A.B. asks: 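Attaching a single structure in structure tokens format; questions to follow.
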Amino acid sequence: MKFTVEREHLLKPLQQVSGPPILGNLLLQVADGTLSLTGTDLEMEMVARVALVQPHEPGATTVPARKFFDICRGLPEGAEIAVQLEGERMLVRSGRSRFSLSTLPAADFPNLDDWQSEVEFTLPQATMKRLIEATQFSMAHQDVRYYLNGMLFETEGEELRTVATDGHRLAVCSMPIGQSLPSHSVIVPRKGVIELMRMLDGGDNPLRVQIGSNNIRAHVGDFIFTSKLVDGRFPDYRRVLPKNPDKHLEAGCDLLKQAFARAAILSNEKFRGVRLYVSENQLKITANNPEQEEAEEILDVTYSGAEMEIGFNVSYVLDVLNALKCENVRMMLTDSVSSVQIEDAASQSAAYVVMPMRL
Amino acid sequence: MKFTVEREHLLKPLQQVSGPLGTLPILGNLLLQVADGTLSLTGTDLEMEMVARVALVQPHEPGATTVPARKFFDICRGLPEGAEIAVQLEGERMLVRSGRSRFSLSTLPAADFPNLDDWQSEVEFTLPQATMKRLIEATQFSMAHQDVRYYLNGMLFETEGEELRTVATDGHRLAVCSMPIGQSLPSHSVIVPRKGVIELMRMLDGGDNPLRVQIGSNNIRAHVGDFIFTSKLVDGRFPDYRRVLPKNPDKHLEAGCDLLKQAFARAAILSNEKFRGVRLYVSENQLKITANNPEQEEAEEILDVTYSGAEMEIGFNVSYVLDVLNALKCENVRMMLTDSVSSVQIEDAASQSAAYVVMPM
Ligand SMILES: C[C@@H](C(=O)O)c1ccc(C2CCCCC2)c2ccccc12
Ligand SMILES: [Ca+2]
Ligand SMILES: [Cl-]
Ligand SMILES: [Cl-]
Ligand SMILES: [Cl-]
């Protein structure tokens, strides 16, 4: 196995495959004019392909990922990196820098189980990035309810939807993708979501998604990501979407956020409860804590409905406003004992639901 | 106690005094005093004190209280640019009002707030902010971390002639920097604790306000603008850097600092994770750096340098060398060598104002 490649042509692929003992190594393969790099943690895998325009010899090995990446990154901008397999070591040479790395046999590199694709679609990268970024923050982290430690991907009509919840607050994002889809639902593990998100480079390469019974694969440009799905049932989240909020309030996103952020300083550190008093074109926010410190914020908003009061977790609401990053927000309300739904006033694509608190 | 002050006039002082504050609650509070047309804000941890004076041009009423430092800072910082902030003590609560934002904070009595002991200044001088910045950043990285010789965890500040000098060492490597300050000083040495050095750096805003330093037998104080920092000193017998500098390191190697740094940083990848040893082979106009680890992975770097005279080999902890090269921020470095079992001296090839000494492995 031999190849010589420019540093930068190696670094982006290296970043991608480092994501997921031999699991600490990258599989390197030279075949039919291409260097492929693979990383895996047994749950998911990333493969990156690099065209080889310089002379090369086929073969495969595995090397320590961190060390190989660090060596490549540490070399000067635009350096040519020459790699050859010599016995049980992989030799890396560039200028008068030389390295000998330990290898493990390519034959030992684990493969993900084989599977059949049953649902497929192609969409712009930007659309998938919007879908994930809109909801990722609301996934559970390491809940014993393992089916929450990930993100629902739901197809219906011509729409792809992501849903995330930690068992307390909810994020939903829905986008038309211009193809007729079967009504289908899968849960992608949270680490897979993160790795998928970070494979999307913000460019013009379209993303191809293939979903099997127990696996998902995403292909964009020179990168192929594959993951197991979470084998579980996602909660019936539709039950907490307010059926008909009769009251709708519109406010400047940043003004509302800064008022909540200031009030939060004097909210209970653990339960983070703040109260909203809604009246004709006015919102008053209050907070207090066990040391009897108190905050009050009054802002002008657009609101005509009946006066009402409602409490909620200000951390959850701040998370929502930070995700929305827009000009104006719409808060849809019912009463003091019902949830609140929050959206960008200019777009219904993303929606967030926060539960009510009594004080 | 009442005042109204513009947000921007409050924010820097609040940041200056509150930054390093947090099991004794009142230590988490700032002391606020309105007296003689000035708002004074004070923070302390009992070892050091930060005091800022703010002229009150708007109507105000005298008095003092203490309030949670972080909360008051966060409230002020969270208000919009240009906000006017009105404060008044009402009973045992401190009220803060700006626009239609209102806050009521808990207080502790100003009478309970702790004072650093009184002391007398013995040594005084003034110097540019830029010089203090240079003195600290040139040596700070070489201070010990949690060493049982507590004085090594701080920084020596020495006056000699008209130079102010800092020295830092952890027993394995040493940094020294000396700068002229144009005033006849007595020969004097003090040790400033770690936290003190951090605040002494933090208080330099990068303007042209000069620093006024007062040193007593047990304290140091720095005045810049309307901020006053005071720290207790540390007792102990700091090493004499004069005795740590190699007596005659007449093997002189010159190399590009960034080239040298990058070569060591790559070799370090395949050095021992705990011990971090690399070997240097010096020969005519050439340096070779090698590293290997228990797994027998190997790095080799060869560099062109300026070196004439005898060949030698020497081993170093590569972290120590990298720390020096990252602190130098210059074009060319000079390494002054003696033999395989003696320390190396390292300097900017174009300035003798700082020197670095590293023991070999
Ligand atoms: C009815 C039940 C279910 O389908 O099993 C259910 C429904 C809805 C949710 C969340 C709660 C709050 C924010 C988003 C919806 C659940 C969360 C954890 C466990 C069960 C949940
Ligand atoms: Ca000196
Ligand atoms: Cl606001
Ligand atoms: Cl109030
Ligand atoms: Cl080698």
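The first sequence line is chain A, the next is chain B, and the lettering continues from there. Just so it is clear, chain A uses the PDB entry numbers, and the residues here are 1-20, 28-366, in order. Quick note: numbers on chain B are straight from the PDB entry, i.e. 1-22, 26-364, in order. We count ligands from 1, going down the list as the structure has it; atoms in each ligand are counted the same way.
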A.B. asks: Drug at ligand 1: what is it called?
C.D. replies: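 That drug is (R)-vedaprofen.
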A.B. asks: Which macromolecule here is the main partner of (R)-vedaprofen (ligand 1) by heavy-atom contacts, as listed in the PDB entry?
C.D. replies: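 Main partner, per contacts: DNA polymerase III subunit beta.
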A.B. asks: For (R)-vedaprofen (ligand 1), which other chains fall inside a heavy-atom cut-off of 4.0 Å?
C.D. replies: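 By heavy-atom distance, the answer is A.
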A.B. asks: Quick test: of every protein heavy atom, which one is nearest to atom 11 (C) of (R)-vedaprofen (ligand 1), and how far off is it to 0.1 Å?
C.D. replies: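 Answer for atom 11 (C) of (R)-vedaprofen (ligand 1): A/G174 O, 3.7 Å.
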A.B. asks: Identify the protein heavy atom lying closest to atom 19 (C) of (R)-vedaprofen (ligand 1), giving its residue, its atom name and the separation to 0.1 Å.
C.D. replies: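 Heavy-atom neighbour on the protein nearest atom 19 (C) of (R)-vedaprofen (ligand 1): A/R152 NH1, 3.9 Å.
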A.B. asks: With nothing but distance in play, are any N or O atoms of A/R246 less than 3.5 Å from an N or O of (R)-vedaprofen (ligand 1)?
C.D. replies: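 No, there is no polar N/O contact under 3.5 Å.
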A.B. asks: When you compare (R)-vedaprofen (ligand 1) with A/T172, is there at least one nitrogen or oxygen pair between them that comes in under 3.5 angstrom?
C.D. replies: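 No; the residue has no nitrogen or oxygen that sits under 3.5 Å from a nitrogen or oxygen of the ligand.
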A.B. asks: Give me the nearest non-hydrogen protein atom to atom 9 (C) of (R)-vedaprofen (ligand 1) as residue plus atom name, then the distance to 0.1 Å.
C.D. replies: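 Going atom by atom, the protein heavy atom closest to atom 9 (C) of (R)-vedaprofen (ligand 1) ends up being A/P242 CB, 3.8 Å.
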A.B. asks: How far is atom 5 (O) of (R)-vedaprofen (ligand 1) from its nearest protein heavy atom, and which residue and atom is that?
C.D. replies: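 Looking only at protein heavy atoms, the one closest to atom 5 (O) of (R)-vedaprofen (ligand 1) is A/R240 NH1, 3.0 Å.
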A.B. asks: What makes up the binding site of (R)-vedaprofen (ligand 1) if contacts are defined by heavy atoms under 4.0 Å?
C.D. replies: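 Counting heavy atoms, the site comprises A/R152, A/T172, A/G174, A/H175, A/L177, A/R240, A/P242, A/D243, A/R246, A/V247.
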